[PDB]
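Structural view - saquinavir in its complex with HIV-1 protease.
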There are 2 protein chains.
Amino acid sequence: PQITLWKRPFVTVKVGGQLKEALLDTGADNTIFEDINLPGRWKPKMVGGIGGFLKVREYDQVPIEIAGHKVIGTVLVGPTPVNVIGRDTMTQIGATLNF
Amino acid sequence: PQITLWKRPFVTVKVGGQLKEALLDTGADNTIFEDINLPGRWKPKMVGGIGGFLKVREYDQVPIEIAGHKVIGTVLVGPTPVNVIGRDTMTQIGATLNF
Ligand SMILES: CC(C)(C)NC(=O)[C@@H]1C[C@@H]2CCCC[C@@H]2CN1C[C@@H](O)[C@H](Cc1ccccc1)NC(=O)[C@H](CC(N)=O)NC(=O)c1ccc2ccccc2n1
Ligand SMILES: CC(C)(C)NC(=O)[C@@H]1C[C@@H]2CCCC[C@@H]2CN1C[C@@H](O)[C@H](Cc1ccccc1)NC(=O)[C@H](CC(N)=O)NC(=O)c1ccc2ccccc2n1
Ligand SMILES: [Cl-]
Ligand SMILES: [Cl-]
């Protein structure tokens, strides 16, 4: 699809077997969710942004379906106010900005 | 242009009289700079991000040039780690996210 930006660009994704919504974010390096439970091991990571840093769990090679496509990549989990799909995932579905 | 997302999507912008660079950020509501100086009075404003809330200066009706499109918008000046072009400016140049 072609998405205008008059509203925040959320999309449906499936991760860990659950349907979630997340913000398509061209400014973010990373992909992060609040309250999803993933299997397998994780490693601690800190991510920074406006206002400071977030302590998260990093899970590697996680399948995400976004809203229709299969991506495998890194997923962060921590107490974020919003789920975000960052460039690490969006490059794998060929997302582009156009103007 | 049509911009892929393998690198961070920075663009050249002229804000006030000054050439700067900033991140095209579909996950940001606002346009925020740290390294510009704008004249005159400003209004206090608070913005949120992943880590908490920051105090910024709001300057109204500021000219912004990006990719040859000259627009007039609200520019915030605050302790952001990265200059960001948010959806408020991107909608004015007709930017879309596509996949
Ligand atoms: C933006 C922030 C998330 C705070 N990250 C950083 O500031 C990291 C932190 C790292 C650990 C501590 C020591 C410094 C390194 C490198 N910095 C990068 C920082 O010092 C450096 C500033 C700079 C820019 C241009 C020319 C010279 C210097 N940025 C850079 O070199 C490149 C610029 C680019 N176009 O990619 N940017 C980044 O490295 C950077 C990293 C994460 C980001 C996440 C989201 C959005 C933008 C992000 N930009
Ligand atoms: C989410 C995460 C992966 C941690 N990445 C980032 O946060 C990186 C960090 C980078 C270095 C510092 C400068 C910003 C860049 C780009 N950001 C992405 C960037 O897109 C980021 C994503 C985001 C949105 C909403 C809430 C939190 C976080 N947007 C923002 O930080 C913008 C800033 C603003 N006020 O315009 N925030 C918002 O637009 C915004 C909207 C609604 C909100 C509701 C509650 C609380 C905070 C809310 N913030
Ligand atoms: Cl959700
Ligand atoms: Cl990020």
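Chains: lettered A, B, ... by order of sequence lines. Throughout, chain A uses the PDB entry numbering, with the displayed residues spanning 1-99 in order. Residue numbering in chain B adheres to the PDB entry, whereby the residues present occupy positions 1-99 in order. Every number for a ligand or one of its atoms is a count from 1 in the order of the listing. Below, each value reflects all heavy atoms present in this structure, side chains not excepted, and no hydrogens, waters or symmetry copies. For this deposited structure, the header notes the method as X-ray crystallography, 1.5 Å.
All instances of saquinavir together account for ligands 1 and 2. Other chains within heavy-atom reach of saquinavir (ligand 2), distance under 4.0 Å: A, B. Considering backbone and side-chain N/O of B/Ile32, none are found under 3.5 Å from N/O of saquinavir (ligand 2). Between A/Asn30 and saquinavir (ligand 2), not a single N/O pair is under 3.5 Å apart. Nearest to atom 2 (C) of saquinavir (ligand 2) by heavy atom, out of B/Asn83, B/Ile50, B/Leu54, is B/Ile50.
Proximity to B/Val47 (heavy-atom distance under 4.0 Å) selects the following atoms of saquinavir (ligand 2): 35 (N). For B/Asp29, a nitrogen or oxygen atom sits less than 3.5 Å from a nitrogen or oxygen atom of saquinavir (ligand 2), counting backbone and side chain alike.
By heavy-atom distance, the residue among B/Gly51, B/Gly49, B/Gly48 lying nearest atom 33 (C) of saquinavir (ligand 2) is B/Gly48. When heavy-atom distances to saquinavir (ligand 2) are checked against a 4.0 Å cut-off, B/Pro81 comes that close only through its side chain, counted from C-beta outward.
The deposited model shows no covalent link between saquinavir (ligand 2) and any chain.
In terms of protein heavy-atom proximity, atom 25 (C) of saquinavir (ligand 2) is nearest to A/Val82 CG1, 3.6 Å.
Between B/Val56, B/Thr26, B/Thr31, A/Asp25, it is A/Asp25 that holds the heavy atom closest to atom 18 (C) of saquinavir (ligand 2). Ranking the protein heavy atoms by distance from atom 46 (C) of saquinavir (ligand 2) puts B/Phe53 CE2, 4.2 Å first. Those atoms of saquinavir (ligand 2) that come under 4.0 Å of a heavy atom in B/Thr80, given as number and element, are 13 (C).
Counting the atoms of saquinavir (ligand 2) from 1 in the order shown, those under 4.0 Å from a heavy atom of A/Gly27 are 16 (C). Taking every heavy atom under 4.0 Å from saquinavir (ligand 2), one finds A/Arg8, A/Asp25, A/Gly27, A/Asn30, A/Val47, A/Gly48, A/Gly49, A/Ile50, A/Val82, A/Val84, B/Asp25, B/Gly27, B/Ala28, B/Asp29, B/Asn30, B/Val47, B/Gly48, B/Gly49, B/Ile50, B/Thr80, B/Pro81.
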